[PDB]
Amino acid sequence: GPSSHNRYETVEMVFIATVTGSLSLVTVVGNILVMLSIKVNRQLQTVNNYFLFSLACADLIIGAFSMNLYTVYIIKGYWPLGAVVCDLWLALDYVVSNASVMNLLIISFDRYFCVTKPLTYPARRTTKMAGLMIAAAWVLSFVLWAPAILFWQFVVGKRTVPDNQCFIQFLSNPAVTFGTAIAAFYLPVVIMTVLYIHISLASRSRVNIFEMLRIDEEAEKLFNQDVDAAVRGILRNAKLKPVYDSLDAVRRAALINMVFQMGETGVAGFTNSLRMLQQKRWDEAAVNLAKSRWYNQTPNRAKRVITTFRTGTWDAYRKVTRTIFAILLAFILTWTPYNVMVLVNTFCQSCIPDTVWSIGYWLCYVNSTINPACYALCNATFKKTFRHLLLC
Ligand SMILES: C[N+]1(C)[C@@H]2C[C@@H](OC(=O)C(O)(c3cccs3)c3cccs3)C[C@H]1[C@@H]1O[C@@H]12
Ligand SMILES: CCCCCCCC/C=C/CCCCCCCC(=O)OC[C@H](O)CO
Ligand SMILES: CCCCCCCC/C=C\CCCCCCCC(=O)OC[C@H](O)CO
Ligand SMILES: CCCCCCCC/C=C\CCCCCCCC(=O)O
Ligand SMILES: O=C(O)CN(CCN(CC(=O)O)CC(=O)O)CC(=O)O
């Protein structure tokens, strides 16, 4: 009949339902796989993965409920579920998403403190503190968003949202929406950006050195100064330089340890041992280093340093950053357009049609779908665990 759906409507809605349904299923299955991977693998049960587990929970909630409800809204052309379900859905959406953002913040700060304070922070990095931070993120998200979405109509004394529509009445004013965007999206993005910059600039060739010196001996600033000073002394010394240049990272760090303990002049006295180190003859160098007063005065430390010279490993004493960077990149890329629309809406509401708004809003969801793929691509343990889970 003439009341039936026209061809364009049918094709459009079937396409939308197919694509969005597929993304929903992929999101749900993916995040379930991530959570299960964290649950079953003992090697994947670290604080970072507690955080990642939380994020996976958020992404699961988004993929299961948010996507489908929003697609109901899109396909129907209006809201057919009522004002109550509208409120519940909006609250769920914004609380869970905010919790995701704060989760990313916690992760970023955690990595930052891990690479910048490798002596004091890892000791205070318990699972209790992790759970405290996660709970804090979710609770704060709820306290910050749920009242604004649910109780604002009560404060005003009137719900201005039509029963056939669904939007946050609190965010009616473009200015308020933008300020909210600043507090919720822009500032965390900036902070995480700075943190990522400092993390990427932070060498992990020196992080092991601090632990080494910690073993052989808030005082991290002292180490930060003294290590640099030692390296400077090595580069200043005409005899220590060629040995330092012709040495691997671990063993050159051992040389740095020697300079740290005795000074550039004291280490420069080990002519035979240094020249032996140049030819990478670790055994001979060890035997010649056993003849020194240094080996007798501090026997244990000398044993550790010499053994370190022998094996070239930390036996006498990384992909996560990449994964997290991938997650952050997905977040930024997927959420940026909508918030840019929020920015434009402050002076020009007509420049952004409802279709573009809808595309952006939905685009923010895709992040939850991307994250498990980031786990499976930037990490091999998660991938192997996935493969082990699909057949078990
Ligand atoms: C698709 N979402 C579900 C909704 C719209 C987008 O929202 C965002 O990008 C915003 O920066 C804001 C948009 C408008 C005012 S503040 C955030 C909102 C909440 C936490 S961060 C992303 C998510 C988020 O839950 C909202
Ligand atoms: C509108 C109202 C919205 C309400 C929304 C409610 C969301 C509830 C989700 C809680 C998950 C919290 C994250 C928990 C992450 C840690 C869990 C854990 O303990 O993982 C250990 C893992 O096995 C390693 O050993
Ligand atoms: C990560 C951090 C995310 C933080 C997220 C915060 C969300 C908002 C919560 C409290 C602000 C409440 C401010 C209320 C001030 C008045 C608002 C107003 O007047 O709104 C009018 C409305 O637009 C038409 O009636
Ligand atoms: C994290 C939990 C996600 C949501 C789980 C709960 C699923 C939905 C549960 C029941 C919804 C009840 C509200 C429906 C209101 C109906 C009244 C009306 O039609 O106006
Ligand atoms: O052209 C139309 O409107 C569709 N036709 C074909 C029949 N309808 C089914 C029906 O309403 O009986 C096909 C359709 O669903 O479009 C209705 C009619 O002219 O009687």
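Start at 1 with the first residue, then count along the sequence. Whatever order the structure lists them in is the order used to number ligands and atoms, beginning at 1.
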(request) Identify the drug located at ligand 1. (result) tiotropium
(message) I'm curious which chain is the main partner for tiotropium (ligand 1) in this model - what does UniProt call it?
(response) Muscarinic acetylcholine receptor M4
(request) Record the part of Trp335 in heavy-atom contact with tiotropium (ligand 1) below 4.0 Å; permitted values are side chain, backbone, both and neither. (result) side chain
(request) Give the residue, atom name and distance (to 0.1 Å) of the protein heavy atom nearest atom 15 (C) of tiotropium (ligand 1). (result) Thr177 O, 3.5 Å
(request) If you have a sec, work out which protein heavy atom is nearest atom 5 (C) of tiotropium (ligand 1) and how many Å separate them, to one decimal? (result) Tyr361 CE1, 3.5 Å
(request) Starting from atom 23 (C) of tiotropium (ligand 1), locate the nearest protein heavy atom and write down its residue, its atom name and how far away it is, to 0.1 Å. (result) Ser97 OG, 3.5 Å
(request) Please work out which of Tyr338, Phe170, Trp145 has its closest non-hydrogen atom nearest to atom 7 (O) of tiotropium (ligand 1). (result) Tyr338
(request) Answer side chain, backbone, both or neither: which part of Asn339 comes under 4.0 Å from tiotropium (ligand 1), heavy atoms only. (result) side chain
(request) Tell me which transmembrane segments of chain A, counted from the N terminus as in UniProt, lie closer than 4.0 Å to tiotropium (ligand 1) in heavy-atom terms. (result) 3, 4, 5, 6, 7
(message) Could you walk me through which residues contact tiotropium (ligand 1), taking a 4.0 Å heavy-atom cut-off?
(response) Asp93, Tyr94, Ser97, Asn98, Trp145, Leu171, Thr177, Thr180, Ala181, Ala184, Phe185, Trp335, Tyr338, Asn339, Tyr361, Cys364, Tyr365
